[PDB]
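This file shows 3',5'-cyclic-AMP phosphodiesterase 4B complexed with rolipram.
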Amino acid sequence: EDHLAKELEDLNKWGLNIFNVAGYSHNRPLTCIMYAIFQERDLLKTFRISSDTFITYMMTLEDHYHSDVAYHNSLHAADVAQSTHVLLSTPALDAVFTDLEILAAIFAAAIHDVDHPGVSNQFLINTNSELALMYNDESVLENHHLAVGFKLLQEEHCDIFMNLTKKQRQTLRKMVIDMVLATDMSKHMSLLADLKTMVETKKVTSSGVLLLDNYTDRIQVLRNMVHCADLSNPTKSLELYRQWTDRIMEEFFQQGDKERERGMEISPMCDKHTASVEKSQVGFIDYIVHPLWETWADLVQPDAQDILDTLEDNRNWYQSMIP
Ligand SMILES: COc1ccc([C@@H]2CNC(=O)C2)cc1OC1CCCC1
Ligand SMILES: [Mg+2]
Ligand SMILES: [Zn+2]
């Protein structure tokens, strides 16, 4: 409505507020945002994607995200897709990516947690879920979100890539698989270490813009971009970040409840009788988020300085919340 258009003014901005846009779109954040993103970047015009076909695909996809799961619902995909959309425009990455790589990264963000059940890879493996057997324990969740998302492009009324070259559907299907698999947290370190090596040997043009050789380097930056977008809640305005903290702790504690119901051992950050929400967020910033964004900032400097500042600041709020 009228509040929707006022909010979508901030589309291309880190301050954008995803809750507000969920409330104004009949609980369809992901469809509203993805649709605004394509228009903005002119993707439908570029890849002859019909608008009907696009809405039908998104709506279906949004509706495969479970709405009774506290954190991994359509809101989070919408968030990660909007965050990625901004990082893609960061000044240090200007004119570096092809249209196809841009469409790949945002699409990756959109389908990247689809059909998530609200339990970890570790849980699903220890309970012998169908999914763990299906996937032999390797990026269980991630391989699944990728299969669902690419299955839904089977219908004609949903094949939004129907007007790419064969070579383009392949080059894309490859980039997406690579980016979603990289959001599996057990790959975090390898990715961070790989990022640090890329910064070490960074090269720019005379105008402070990165020089990325060919495929290998371009997709490593995209890998890392969607992984920062996935771990961007603490770089967002305090009000937004605490609402994200509440939802993730909700989801985590429902998992701790199911673990206990079943005599299994409870993972301490999922234990609702001993885990401080506050200590845990500080830890999450000190050992995972800051190390990553610090490295990202070095790569696109000084574009992410504001982001680093917001982060240290949000850090100290949570620190000051602990006795
Ligand atoms: C807003 O914070 C968080 C945001 C996102 C996630 C991802 C989804 N699940 C993950 O393991 C990473 C975890 C968070 O916090 C958890 C780390 C321990 C405290 C809660
Ligand atoms: Mg995920
Ligand atoms: Zn995610």
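Chain A is numbered as in the PDB entry; shown residues: 163-485, in order. Determination method: X-ray crystallography, 2.4 Å. These values consider heavy atoms only, across backbone and side chains, with no hydrogens, waters or symmetry-generated copies. Both ligands and their constituent atoms are indexed starting at 1 by order of listing.
- Counting repeats, the structure shows rolipram at ligand 1.
- Counting only heavy atoms of the protein, atom 8 (C) of rolipram (ligand 1) lies nearest to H234 NE2, 3.6 Å.
- Within a heavy-atom distance under 4.0 Å, rolipram (ligand 1) reaches no UniProt Zn(2+)-binding residue of chain A.
- Distances from atom 12 (C) of rolipram (ligand 1) to the heavy atoms of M347, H278, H238, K398 put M347 nearest.
- Closest to atom 4 (C) of rolipram (ligand 1) among all protein heavy atoms lies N395 OD1, 3.5 Å.
- Which of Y403, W406, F446, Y233 comes nearest to atom 13 (C) of rolipram (ligand 1) through a heavy atom is settled by distance: it is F446.
- The single protein non-hydrogen atom nearest to atom 7 (C) of rolipram (ligand 1) is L393 CD2, 4.5 Å, given as residue, atom name and distance.
- Closest UniProt active-site residue, chain A versus rolipram (ligand 1), heavy-atom distance to 1 Å: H234, 4 Å.
- Remark: distances from the non-hydrogen atoms of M411 to rolipram (ligand 1) include one below 4.0 Å.
- For atom 18 (C) of rolipram (ligand 1), the closest non-hydrogen atom on the protein side is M431 SD, 3.2 Å.
- Among the ligands and ions shown, none besides rolipram (ligand 1) lies under 4.0 Å from that drug.
- Grouped by UniProt domain, residues of chain A touching rolipram (ligand 1) are mostly found in PDEase.
- In terms of protein heavy-atom proximity, atom 11 (O) of rolipram (ligand 1) is nearest to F414 CZ, 4.0 Å.
- The protein heavy atom nearest to atom 19 (C) of rolipram (ligand 1) is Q443 OE1, 3.3 Å.
- Heavy-atom contacts of rolipram (ligand 1) within 4.0 Å involve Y233, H234, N395, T407, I410, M411, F414, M431, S442, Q443, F446.
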Just list the N/O pairs, rolipram (ligand 1) to protein, that are under 3.5 Å apart, with the distance for each.
unit_1	atom_1	unit_2	atom_2	d
rolipram (ligand 1)	2 (O)	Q443	NE2	3.0

